[PDB]
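Structure, fasudil included.
Within every chain, numbering begins at 1; the chains are lettered A, B, ... in the order of the sequence lines, protein sequences first and strands thereafter. Whatever order the structure lists ligands and atoms in, that order sets their numbers, starting from 1. Only heavy atoms go into these numbers, but all of them, side chains included; no hydrogens, no water, no symmetry mates. Structure determined by X-ray crystallography, 2.1 Å.
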Amino acid sequence: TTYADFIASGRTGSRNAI
Amino acid sequence: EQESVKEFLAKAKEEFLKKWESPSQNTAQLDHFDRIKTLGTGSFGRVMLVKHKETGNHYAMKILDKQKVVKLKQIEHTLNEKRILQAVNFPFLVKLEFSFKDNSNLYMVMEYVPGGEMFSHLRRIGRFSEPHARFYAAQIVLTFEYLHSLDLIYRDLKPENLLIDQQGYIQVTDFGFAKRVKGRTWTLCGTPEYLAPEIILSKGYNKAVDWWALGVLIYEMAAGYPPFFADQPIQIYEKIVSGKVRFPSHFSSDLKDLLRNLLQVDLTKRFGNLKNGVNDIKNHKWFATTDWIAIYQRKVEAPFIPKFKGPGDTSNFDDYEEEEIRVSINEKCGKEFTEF
Ligand SMILES: O=S(=O)(c1cccc2cnccc12)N1CCCNCC1
């Protein structure tokens, strides 16, 4: 699912600016 | 009604430009405060809950190490953030109460917003319902209308950067990437998930990048995940510029139509960048039930009120290793930070 792909991205935590 | 908006924004610009041209400096000092707890930590800076000794009022004090700021090439950004914060005035922008500097650090003392970041609430709850998302979205719309009328591009919208106050309303706090420009600008900055395609594509861009980020924000609030994600930013960038986007099946028809017009790769067709400006957004069907004036006046009942024991309650923030605030015997970087 889209949610599962989100979890698998490893980008579920707080995101830093570039 | 539109005449009231123009007159309001004209007064707002006049008040802003006055403070912008003559900023406040040195309105407190460090030993006026007791340190309570660290609320946030990152590059070059920490934010701490502090208590003003004379009054007992709690504040959030951002502390920047001048040498770390210089090392990370953040001088102009830091000076600019403080200059913006002391000059703006809007219900959803955090208020700067005091600022000062010493040998080692710069200090910005802001109103303490006890409900925490929207990010944690969103990840905890999973996703927000559409009325819940719309309540927050309406505040960002008004905030960008205000900021853009001042020729300020915000450029750092994300749930991590939105605080929830005691009444459940949003406070925007970080202005390190904001820029006052009327034309175009070229800096690659922001967070991958929220970058507009024209930023990714190294074009000169304008305030329409904030309306794109609004679409990302609305999508993530309503779905629980952003519209474009991947293992690595480069792969996120490819999705963003691709012009393709998929919606969860529970998204309403009005919501999808709004998002297609905000997540619009073509600048000539993105909402907020057209002839009627923000009114294309405020008049969209998804916002039909939104009382814009009542939102601004904070008279709408918030759909979520954070837990708040009392003044100085920090339960909505994470735990961090408490570190010393060291003030060096030698003044560091004095010439660089004269205007602070
Ligand atoms: O929550 S903060 O520590 C914070 C900053 C500024 C003012 C604050 C006011 N109250 C609480 C926390 C505050 N923070 C903002 C969110 C994004 N990361 C940077 C730091």
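- The name UniProt gives to the main binding partner of fasudil (ligand 1) in this structure is cAMP-dependent protein kinase catalytic subunit alpha.
- Every other chain with a heavy atom under 4.0 Å from fasudil (ligand 1) is named here: B.
- Between B:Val113 and fasudil (ligand 1), an N or O atom pair is found at a separation short of 3.5 Å.
- Relative to fasudil (ligand 1), the closest UniProt active-site residue in chain B and its heavy-atom distance to 1 Å are B:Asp156, 7 Å.
- Most of what chain B uses to contact fasudil (ligand 1) comes from UniProt domain Protein kinase.
- The distance from fasudil (ligand 1) to the heavy atoms of B:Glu117 drops below 4.0 Å at these ligand atoms: 16 (C).
- At least one heavy atom of B:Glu111 sits closer than 4.0 Å to an atom of fasudil (ligand 1).
- For fasudil (ligand 1), the atoms lying closer than 4.0 Å to a non-hydrogen atom of B:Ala60 are 8 (C), 9 (C), 10 (N).
- Residue-ligand proximity: B:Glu160 is placed with a non-hydrogen atom under 4.0 Å from fasudil (ligand 1).
- The organism that the entry gives for chain B is Cricetulus griseus.
- By chain and number, the binding site of fasudil (ligand 1) (heavy atoms under 4.0 Å) reads B:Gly40, B:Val47, B:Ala60, B:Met110, B:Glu111, B:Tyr112, B:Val113, B:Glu117, B:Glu160, B:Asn161, B:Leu163, B:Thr173, B:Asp174, B:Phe317.
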